[PDB]
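Caption: cycloguanil together with Bifunctional dihydrofolate reductase-thymidylate synthase, bound form.
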Amino acid sequence: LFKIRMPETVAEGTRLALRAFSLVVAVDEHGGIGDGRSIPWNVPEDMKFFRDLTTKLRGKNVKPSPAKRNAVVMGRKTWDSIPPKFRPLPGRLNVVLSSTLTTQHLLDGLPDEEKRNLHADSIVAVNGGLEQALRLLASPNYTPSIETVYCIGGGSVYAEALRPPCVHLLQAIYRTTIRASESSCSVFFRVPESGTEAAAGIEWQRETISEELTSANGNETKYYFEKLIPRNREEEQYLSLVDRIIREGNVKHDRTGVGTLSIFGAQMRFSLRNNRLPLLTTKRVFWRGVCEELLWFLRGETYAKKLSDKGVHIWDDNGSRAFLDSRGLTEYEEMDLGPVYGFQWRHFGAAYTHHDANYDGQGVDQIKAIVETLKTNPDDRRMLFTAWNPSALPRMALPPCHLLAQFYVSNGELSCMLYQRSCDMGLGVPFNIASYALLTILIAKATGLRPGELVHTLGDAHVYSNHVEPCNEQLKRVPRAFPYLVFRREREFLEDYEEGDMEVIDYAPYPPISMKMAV
Amino acid sequence: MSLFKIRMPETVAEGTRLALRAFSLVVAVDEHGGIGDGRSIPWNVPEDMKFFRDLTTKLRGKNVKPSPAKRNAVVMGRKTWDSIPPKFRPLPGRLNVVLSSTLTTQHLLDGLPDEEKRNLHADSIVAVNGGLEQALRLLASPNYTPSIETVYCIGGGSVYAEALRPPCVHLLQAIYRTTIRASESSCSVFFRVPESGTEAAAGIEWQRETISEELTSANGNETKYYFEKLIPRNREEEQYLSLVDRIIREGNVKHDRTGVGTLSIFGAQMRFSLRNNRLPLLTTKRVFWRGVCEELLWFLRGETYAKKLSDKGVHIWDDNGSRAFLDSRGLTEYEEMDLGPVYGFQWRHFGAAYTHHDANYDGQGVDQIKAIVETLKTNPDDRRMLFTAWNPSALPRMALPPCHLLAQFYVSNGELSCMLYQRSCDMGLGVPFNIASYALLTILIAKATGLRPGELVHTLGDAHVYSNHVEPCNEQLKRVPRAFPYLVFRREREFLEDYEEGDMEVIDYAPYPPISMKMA
Ligand SMILES: CC1(C)N=C(N)N=C(N)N1c1ccc(Cl)cc1
Ligand SMILES: CC1(C)N=C(N)N=C(N)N1c1ccc(Cl)cc1
């Protein structure tokens, strides 16, 4: 009665259409890959690179299991090129594209039966092209069990990977160039050039390129590596702003001695279409905290212990007996933050006593109101909620930072604008971009709409002084493609969603910033 | 109300006093840029002389002849004044300001042919012991501003040079240059407009608003000549025009329940400088400043009775205050024009229970404006200095929810900046109005807190162009924005709530004329 009931279209608006993937290829100085899939210029260093890349999982501790492993999609001819005795490629799900062969067919091609069953799990045939394979890998059985998908070969498989719609799911291209001169490469590999129609809006850029290396295979073969990624202009908005703040921001010092460089007034835009999730890649975002806290906000929770008991300690400091008493909130039990955030969202203006009270039906439930409006009159220009309540600020452990959000609808897509008065560019902003992206996605799922864009307006945007050096280190990283968000299951009510109901896939953030802590 | 009211500080006027008055420049050059072989001018092109005469003499809005209460001023070097035949001195219908380090105003008078002439022109002549800068400073005084409509620098290689470099060049609103094809007339002093991107231009980008076709003088040598009007590119107004254009070309079309159509985009942001008295009133379409000012003052006093506005000829709330509209909102108990706890009420009495507009609300609710004013004076770096009228609890009781619903302040180097959040923005008439309102508010708050006006950042939520405004808006998009006007205060007050529209004046506002055709 007080909860928000999810429509029957709850799962259809965010169903992953195609799984994201990477492409791995070896070419010669002329762009040629080979004829019917040749390899006579076999460079042991490349084979090992290929093996490590496609087999290893990110979790530097995890070993490939049917529950968590990488996938390799290949054309039939590529599968045939593999010595029958060495099929399938171990430690990976072998997805073979074929319009004649079948899963059993591929299986029997393998000699001994001891493995004709030990690998019955590691092989699957797809009657179609790359797109169908990615569509299949997008199903519950493979996503998220499959950590990363690698398109490994076939001139026709690469060509489909490099054109729409598949290219929009291409996270990276790993190209090895063997400087061996052979003409036995009837087909060439071409990465769409920046700004051309074939590129379909994507700007391919090298993240890395090695120096010229020499093989230890006797031929002294010259070869080098390249990692190409689709330029992420959205994350560059955030980096450009950080750099501008450090270069031109005003330095200020807290009454406690804390310093910051800052600018006033900025705005950034992020797409939420097709399951895209704007989790910054140049520095890992604590997604689990983001998700737990957001759900916490939606349920109009005010007791920080619920978050603390989940390993999310972002409210510890402002939830202690000391801090609370410093605010004159002596009757508040520790971790009881008062009518903050989510409380104003679901109960704007409701009198607060203790987090223990039952606030059902109290105050103005702005979220419920926006949900109903979105479903009946999406063009309404008053669809916004705020936590900024001058009358309740004194009763809060702390005044809200992200205090206002407005929704907008166009062509069945739901867009959201968030206003944040104070923005810690280092830790907070990436976190908050994630929260509202998640919020927008959930609201879309509650209103029969598709997630659109997240607009982020910043007031006082700052970088802490003793964050400058580590921030400069991060500013050196070229943003990678964003990950995607999928839901394992749905719920009857919005307030019933749990962090375990959704999963973030294909998130490959850069390593932690080496903030030389000592030594 | 005294303690209920906001007392202004002793520096109230200090950081708002006009330092230098804006001005235009008119000059004639030969095909090489030379203005004169030294001090003389071997070319008397009749048509140029007339243009100069008309341009510097006329006022805006025809049918208004110059008078000591409203006229333009011409600023010239001493040698230029001397080049004028004593009989035509001073140039009629204009305040003649002469730069001289040796001649006083009386000395200038003594130079007129007779006494009668001196008494008749004593009020139209003034000497200033200094350069153009000192003249612009004097012209910024209460005696001359707003009295003098437009200031025109009219000559002297020395005066032009000073006009074209900082600090004076930042007050130059337009350059009117006449180019004449002089034959073998090699001069010495060259008039050159600083190129875009050069150190000399000081960040200003001079562009042609207009350029005439090549003309032929009726004089004796049929001298060829042409005119140009150059203005400092206004990137700030271009923000607005670019957004409008993008909305028309790419916005989403929508029609409400009434059948009212709009094109819209979601999420935008613009910036406007308020430094050194600059007021961002759009020039490509005249803005109703008196209405902006009366309403803003009305907001600040925490008013809710629209009749106070309509009685002053400001009818922007008539439709939303009518018995019929109030009743459509279920506000049947409200007196007509009593809007309920809207805007200013929430600004000065957030959360207070509302009955009627004539009730006494002193001390009730949270006075957000007063709190911010105090914080700005003692802890300017605080990051919680913002006020809002978006009160979900009171919305049902309002004639309608607020459009500009939140504003945050920021301080840097003694400069006050303000960010405004507007959920719904009518680009055609509403946005220019709003930009001016918050520019005014920021300036007033700056004056009440011992700070200098800084920047106004405007965040737009749903930004739309009405379907009925498309064609006219397209006409407006043709126009190249002109330099913005300025705001000056003719008097100060003891309290913020005491300010009246007549205490301030917009000067040097030169908007384009109404857009051709009607119906929409
Ligand atoms: C080892 C090789 C040639 N090298 C790269 N860079 N990429 C591939 N996809 N390869 C490849 C791997 C397996 C198969 Cl079956 C075919 C080609
Ligand atoms: C008429 C003339 C030559 N023409 C232009 N364009 N500008 C001036 N400033 N002029 C001018 C006017 C008066 C004086 Cl005393 C000197 C020059």
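The lettering of chains (A, B, ...) simply tracks the order of the sequence lines. So for chain A, numbering is the PDB entry's, and the shown residues are 3-521, in order. We number chain B the way the PDB entry does; in order, the residues shown are 1-520. Below, all heavy atoms of this structure are taken into account, side chains as well, without hydrogens, waters or symmetry copies. So this one's X-ray crystallography, 2.1 Å, going by the header. For ligands, and for the atoms within them, numbers begin at 1 and follow the listed sequence.
Chains with a heavy atom under 4.0 Å from cycloguanil (ligand 2): B. Other-chain residues and nucleotides with a heavy atom under 4.0 Å from cycloguanil (ligand 2) are B/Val26, B/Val27, B/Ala28, B/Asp48, B/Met49, B/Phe52, B/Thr80, B/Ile84, B/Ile154, B/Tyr160, B/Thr178. Under a heavy-atom cut-off of 4.0 Å from cycloguanil (ligand 2), the UniProt substrate-binding residues of chain B that qualify: B/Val26, B/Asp48, B/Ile154, B/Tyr160, B/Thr178. Applying the 4.0 Å criterion to heavy atoms of B/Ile84 picks out, from cycloguanil (ligand 2), the atoms 15 (Cl). Residue contact check: B/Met49 has heavy atoms under 4.0 Å from atoms 1 (C) of cycloguanil (ligand 2). Scanning the protein heavy atoms around atom 14 (C) of cycloguanil (ligand 2), the nearest turns out to be B/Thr80 CG2, 4.0 Å. The shortest contact between atom 8 (C) of cycloguanil (ligand 2) and any protein heavy atom is with B/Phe52 CD1, 3.6 Å. Most of the residues of chain B within contact distance of cycloguanil (ligand 2) belong to the UniProt domain dhfr. Counting the atoms of cycloguanil (ligand 2) from 1 in the order shown, those under 4.0 Å from a heavy atom of B/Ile154 are 8 (C), 9 (N), 17 (C). For atom 3 (C) of cycloguanil (ligand 2), the closest non-hydrogen atom on the protein side is B/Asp48 OD2, 3.4 Å. In summary, the atoms of cycloguanil (ligand 2) found under 4.0 Å from a heavy atom of B/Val26, numbered by their order in the structure, are 5 (C), 6 (N), 7 (N), 8 (C), 9 (N).
For cycloguanil (ligand 2), none of its N or O atoms has an N or O atom of B/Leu91 under 3.5 Å away. Listed by number with element, the atoms of cycloguanil (ligand 2) under 4.0 Å from a non-hydrogen atom of B/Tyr160 are 9 (N).
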